[PDB]
Amino acid sequence: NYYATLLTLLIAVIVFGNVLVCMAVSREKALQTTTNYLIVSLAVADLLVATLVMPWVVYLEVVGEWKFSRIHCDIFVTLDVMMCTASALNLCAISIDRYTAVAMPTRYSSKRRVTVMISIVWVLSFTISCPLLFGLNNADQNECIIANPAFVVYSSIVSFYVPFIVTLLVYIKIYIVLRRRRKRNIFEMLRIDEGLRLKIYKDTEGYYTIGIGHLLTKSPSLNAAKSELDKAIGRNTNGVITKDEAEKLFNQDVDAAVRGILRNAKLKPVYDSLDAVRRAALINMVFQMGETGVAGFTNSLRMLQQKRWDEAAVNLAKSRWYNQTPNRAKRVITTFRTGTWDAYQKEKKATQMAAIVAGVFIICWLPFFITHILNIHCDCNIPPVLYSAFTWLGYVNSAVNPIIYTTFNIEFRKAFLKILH
Ligand SMILES: O=C(CCCN1CCC(O)(c2ccc(Cl)cc2)CC1)c1ccc(F)cc1
Ligand SMILES: CCCCCCCC/C=C\CCCCCCCC(=O)O
Ligand SMILES: CCCCCCCC/C=C\CCCCCCCC(=O)O
Ligand SMILES: CCCCCCCC/C=C\CCCCCCCC(=O)O
Ligand SMILES: CCCCCCCC/C=C\CCCCCCCC(=O)O
């Protein structure tokens, strides 16, 4: 009916979005990065689906059954599985290239490496698909490989779940790595402002503290003050701590500071509103003056919530807080405006996009392999009317990816507008 015309334009927008991505990467040196090279390899898998495969899927909707040779169906199924597996194996290499960038310290060596990855993606995609042409070691095929009971079991495990687990395990490791550095930079930030002390010392208000504003005990008794420290370290403090031990002590101070921020009605919303780095600045304030003290200049706090970065910085400089510790105030206020650690970077934003495509990829195809589980779980025969929608939802992912590139990235965005105009 009229539904055939929607899909052919879906094929057209898949080609529209991806042909842009390929040229845009090779057009500008600023987008010629390891990850973006792996991204065009993903774009080529999304193009070959739209050109080699999706046309036969639309005829199958139009006509309503195969109505072509058995071997044509084998080729069509083999190639359909092959290009979707390239899509998955490309996400896997993208995540791995994101692991290396955040976790490892690279000119000609990057091009020679990415090359090796891309070569693995397609060769393996192919070698995984070759069984479908030779009837999954089942001779007298006598039928399109789709009809083999093992087909859904082979294609689901080998081409989806197993690449899905690995890519997910990498992203977890990436999250852990970024989490250690984010906590590393906080400690490093307050080491610069408060100062790191490794011998027990009387603080401003008289009580004995150590490291970065960690009071051992409100009660002043030196041997008793050692006492609380000894509980913390486990070794005989003897009033002596390592940088490391202080940091371990520091991350505890941060975690306590944060629960109080969320338990504070004046600071819960604004903390929730801010980004990771800007949150480290707000932590710096609570460390310096206390949540009740930071909870003041609500007037200034509204601006940080309203994303008014420039106007919050103008209003913060007006304070007494600036007058007492101007250098520290200016440093922190930059981090509030800049939202970066320049006062005291590139790949954390880029790695957020990588996971974002790997996530919408999964949600786009997830229901398709869900339904296939239900039939294998012998559940009430799943209506085909839905079964077809889930196929296209999976194929829709080919058109969403170039939309995500331009959405969450300025460089693809600018490279795109240059080609059109
Ligand atoms: O493999 C797939 C999804 C099935 C594609 N493909 C849809 C059409 C199909 O359902 C079909 C139906 C009827 C006929 Cl006749 C031929 C083919 C065969 C399977 C895949 C998806 C995501 C991924 F990360 C890895 C692999
Ligand atoms: C081919 C399918 C691959 C499936 C991959 C699934 C990935 C899901 C997304 C993210 C979960 C882990 C967090 C990723 C790190 C993000 C960095 C950060 O914001 O700290
Ligand atoms: C079935 C899941 C397997 C996932 C594989 C996905 C493809 C990309 C992954 C790995 C290739 C890594 C090659 C790196 C070579 C480095 C050589 C060098 O340092 O020059
Ligand atoms: C089932 C998953 C198996 C593969 C895991 C994928 C993640 C990491 C992949 C491989 C490790 C890459 C190491 C490259 C070694 C090159 C050494 C060299 O030549 O200097
Ligand atoms: C058994 C499941 C396997 C899961 C492995 C994936 C989890 C680890 C995360 C990423 C590994 C990336 C390694 C890339 C390093 C390249 C340099 C080198 O290997 O010498």
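What you see of chain A is 35-139, 144-382, 387-463, where the numbers are those given in the PDB entry. Looking at the header, which is where the method is noted, we find X-ray crystallography, 3.1 Å. What you see below is based on every heavy atom in this structure, not just the backbone, and it leaves out hydrogens, waters and symmetry mates. Atoms within each ligand, like the ligands themselves, are counted from 1 in listed order.
As PDB records put it, the drug at ligand 1 is haloperidol.
Most heavy-atom contacts to haloperidol: the chain UniProt names D(2) dopamine receptor. At a heavy-atom cut-off of 4.0 Å, the residues contacting haloperidol are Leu94, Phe110, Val111, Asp114, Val115, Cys118, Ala122, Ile184, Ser197, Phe198, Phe403, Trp407, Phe410, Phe411, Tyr429, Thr433, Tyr437. Going by UniProt's N-terminal numbering of the transmembrane segments in chain A, the answer for heavy atoms under 4.0 Å from haloperidol is 3, 5, 6, 7.
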